[PDB]
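Record below includes fluconazole.
One-based numbering along the sequence shown. Whatever order the structure lists them in is the order used to number ligands and atoms, beginning at 1. Any value given below was found using the heavy atoms of this structure, including those in side chains, with hydrogens, waters and symmetry copies removed.
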Amino acid sequence: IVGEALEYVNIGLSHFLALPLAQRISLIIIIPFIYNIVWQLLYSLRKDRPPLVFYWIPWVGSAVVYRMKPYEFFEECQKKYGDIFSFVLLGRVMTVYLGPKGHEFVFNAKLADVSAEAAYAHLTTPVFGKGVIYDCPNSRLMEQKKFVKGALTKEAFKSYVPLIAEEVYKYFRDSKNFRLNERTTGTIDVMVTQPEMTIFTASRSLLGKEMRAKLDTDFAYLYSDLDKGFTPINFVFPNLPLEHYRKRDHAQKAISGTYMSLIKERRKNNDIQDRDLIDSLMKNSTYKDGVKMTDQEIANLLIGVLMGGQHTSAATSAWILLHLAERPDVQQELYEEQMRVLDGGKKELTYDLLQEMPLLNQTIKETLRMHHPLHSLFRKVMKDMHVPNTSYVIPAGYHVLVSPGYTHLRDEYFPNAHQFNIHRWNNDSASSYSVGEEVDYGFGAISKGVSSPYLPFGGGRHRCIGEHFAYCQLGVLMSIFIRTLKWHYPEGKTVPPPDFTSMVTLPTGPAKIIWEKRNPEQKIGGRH
Ligand code: HEM
Ligand SMILES: OC(Cn1cncn1)(Cn1cncn1)c1ccc(F)cc1F
């Protein structure tokens with residue numbers, strides 16, 4: 001008689017529901033904790049699954065150590081498991097593929113295999129607005145990148161350089177962090193100055209003088225509000241009844257409203273020329289099926305492009321300053337190149353002369369090697385993927401994680417990878433370059449292979465299109481910094497460690513440097 005056994009099942013069930021509040025809620029804790037550890041041991045038996053990093057807390061997973069020290073977490077998992085391993089992250093299963101072959105597996109994955117918008121829609125749509133970037137089919141994103149790229153030509157860069165130069169000098173003249181007509185030395189926090197110089201130069205060139213003029217008013221507070229809304233918490237809590245989320249959404253409406261106001265006003269006057277990205281998108285935002293971007297979608301695309309380039313570039317110029325602060329030899333070498341190329345300062349900086357400054361461009365290139373602003377890039381796996389030359393299968397619902405910034409710091413591909421050395425790029429100052437064949441995904445021909453160990457701007461269909469703008473912006477800025485100032489650390493201070501917890505791997509602040517004028521008597525003209 002096993003009939004008695006099922007009776008005692010039912011009996012035991014009723015006795016379970018009659019356990020005290022103390023013991024019951026403890027079982028709601030211990031029974032998933034126990035089952036968590038059982039499932040993992042059964043999981044490590046599957047040979048079609050990459051090894052899974054062990055974790056105690058269910059759902060949370062390895063979130064704590066990945067959030068704080070991802071590159072150290074990756075190297076430990078690489079020593080233990082190899083280049084392909086999975087780990088649980090806040091309810092998601094992340095499959096990491098390290099190395100150049102990991103770059104190929106993710107950046108060159110089939111459009112039907114992975115989705116970037118499935119991974120990033122919650123991070124960006126609340127900040128940027130609806131209809132653009134990752135709130136649309138990939139084919140729409142491909143053409144949006146094509147639209148933006150139309151205002152990112154060599155002709156545009158020739159006009160942006162004197163505009164960006166004016167903004168840098170205006171900042172040297174007017175900002176409390178410098179005031180070079182009143183002070184010959186001072187101390188700045190680079191995480192204060194660089195975001196400000198980044199938005200001032202990006203707005204003036206990409207958005208135009210009207211939008212730049214707004215930043216001198218209370219309107220600049222909205223950018224700060226919207227900027228605060230670009231944060232990793234959106235991956236878990238995209239919308240919560242809080243003040244942070246309200247000022248963010250308010251900023252998005254208010255900022256996009258200002259852009260639409262200018263857009264509708266220019267078309268109201270046929271004041272549509274070739275000045276900025278706004279003119280460009282007004283003349284060139286019709287998809288190939290005939291659908292035209294709305295004024296709201298155009299404005300939202302402006303926010304996303306400007307916000308993305310804001311964080312990557314501001315972090316990068318901060319890192320450049322921090323590495324040069326302890327390298328007066330490099331500052332000295334960069335200065336000589338400035339005197340040679342610009343004829344002792346008698347030549348005005350142009351976009352063509354920027355291209356004749358290899359050491360300056362190598363400095364940017366080396367900084368982007370040691371400080372990739374995006375330490376990890378994600379895709380959600382849409383169809384079950386097989387890893388070549390393995391038996392591994394990444395089932396749909398998993399996420400893949402590619403990390404070129406980790407390969408940037410491996411000695412095998414960059415000897416003495418943790419040494420800052422711009423001369424490792426001698427006779428190779430190009431921001432990046434295709435090492436052979438090419439492919440066009442809808443926004444221009446780009447490298448077909450994505451196997452380079454150096455991928456600061458990614459690769460494949462989601463490859464960056466701001467690379468040449470960033471080098472232009474960083475180049476003009478650093479050319480002026482070099483010619484105007486020397487700088488160094490306060491005694492005992494050095495390059496800070498990266499903050500991997502923010503949206504980009506910016507330096508841990510406050511990161512202070514002491515500037516001093518190369519020409520104490522030099523004055524910056526203009527009224528103020
Ligand atoms: C140092 C500066 C920058 C770096 C290192 C950088 C890096 C990257 C990387 C790695 C990606 C690939 C993202 C992925 O595959 O998921 C990307 C995408 C992109 N970036 Fe940049 N970026 C920089 C600046 C800029 C600027 C200045 C702009 C615009 C003016 C810009 C606009 C874009 C756009 C539109 C994409 C396309 C994203 C997609 O198609 O999914 N970026 N960037
Ligand atoms: O790729 C980003 C979004 N992102 C991914 N991981 C972290 N943030 C950042 N970015 C890359 N280059 C510039 N910004 C992006 C892409 C396009 C875009 F329009 C905005 C935007 F934030």
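All instances of fluconazole together account for ligand 2.
Here the macromolecule bound to fluconazole with the most contacts is known in the PDB entry as Lanosterol 14-alpha demethylase. Those atoms of fluconazole that come under 4.0 Å of a heavy atom in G304, given as number and element, are 18 (C), 19 (F), 20 (C).
Heavy-atom distances between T312 and fluconazole reach below 4.0 Å in at least one pair.
For atom 6 (N) of fluconazole, the nearest non-hydrogen atom of the protein is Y120 CE2, 3.7 Å.
The protein heavy atom nearest to atom 9 (C) of fluconazole is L374 CD1, 3.9 Å. Ligand-side atoms of fluconazole in range of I133: 19 (F), range being under 4.0 angstrom from any heavy atom. Remark: minimum distance from atom 15 (C) of fluconazole to any protein heavy atom is reached at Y134 OH, 4.7 Å. In this structure, atom 2 (C) of fluconazole has no protein heavy-atom contact shorter than 4.0 Å. Distances below 4.0 Å separate heavy atoms of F128 from the following atoms of fluconazole: 20 (C), 22 (F).
For fluconazole, the atoms lying closer than 4.0 Å to a non-hydrogen atom of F230 are 8 (N), 22 (F). In this structure, residues within 4.0 Å of fluconazole (heavy atoms) are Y120, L123, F128, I133, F230, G304, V305, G308, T312, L374.
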